[PDB]
Amino acid sequence: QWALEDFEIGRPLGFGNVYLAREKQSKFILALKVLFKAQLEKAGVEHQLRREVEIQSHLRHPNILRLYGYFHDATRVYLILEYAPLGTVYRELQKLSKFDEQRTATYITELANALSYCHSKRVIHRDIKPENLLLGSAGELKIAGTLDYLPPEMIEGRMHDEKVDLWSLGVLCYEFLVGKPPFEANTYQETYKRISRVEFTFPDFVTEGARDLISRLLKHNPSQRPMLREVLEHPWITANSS
Ligand SMILES: O=C(O)c1ccc(Nc2ncc3c(n2)-c2ccc(Cl)cc2C(c2c(F)cccc2F)=NC3)cc1
């Protein structure tokens, strides 16, 4: 059982705010997520958070952000999270516009690993996107509305499985190389039609090796999408990863 008295709150990092924090006894640096019990009870997704924390703190992977613990105060609910010093992949993306193939392949590899571990633990993520991707001190990737990353089977409300994260991995591979998601539009409506029709095009600079992998991942039929092992063994990933 923790308390707010154990932590020294630092700079803001972000239904509330995420702060830099230092545990007093150990001097351990962490991110402390602050959420108000008012918004959580007004949305009723406190059970969704009860289950989410049950899952997040039970998993151990170098590419999944760690949740150490949690606790609630008078009106707040606190999440003791890992701290990823180099920030979000979303900030890196807009600070560099696009990623080269070697950076893309490594992230994709680290993702495929983190997902293959999740899929072996019967967990399907559904929602990877740059703003949910964080960077550790070594620069390694870490996994912590808008339709851009959702598969056709999901937005159409059909039954879905592990192949959902394969679609997302395709969308992320495209975005890394291009700077924008393959189905981006100015409205939720247009984006919906573009995803369901699976209509995307490649800019000239995108190599055929990348085009192939993305085109394999972005199949409408979930069954035709490669397994994560095939992703990690793709010639384009092979040639460019770390
Ligand atoms: O720009 C900088 O200087 C910067 C920014 C971030 C970090 N590192 C860091 N480390 C851990 C966390 C966060 N950020 C963080 C920060 C803010 C918010 Cl709104 C959410 C989180 C999250 C998060 C989460 F809970 C769900 C989904 C995605 C998340 F990103 N998780 C803890 C370092 C430097």
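All residue numbers refer to positions in the sequence shown, counting from 1. Counting starts at 1 for both ligands and their atoms, in listed order.
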Enquirer: For ligand 1, what drug is listed?
Expert: MLN8054
Enquirer: What's the chief binding partner of MLN8054 here? Just the name from UniProt is fine.
Expert: Aurora kinase A
Enquirer: In which UniProt domain of chain A do most residues touching MLN8054 lie?
Expert: Protein kinase
Enquirer: Hey, could you check which of the UniProt active-site residues of chain A sits nearest MLN8054? Heavy-atom distance to 1 Å would be great.
Expert: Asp127, 7 Å
Enquirer: Taking heavy atoms under 4.0 Å, what residues and nucleotides bind MLN8054?
Expert: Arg11, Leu13, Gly14, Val18, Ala31, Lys33, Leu65, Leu81, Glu82, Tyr83, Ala84, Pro85, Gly87, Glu131, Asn132, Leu134, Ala144
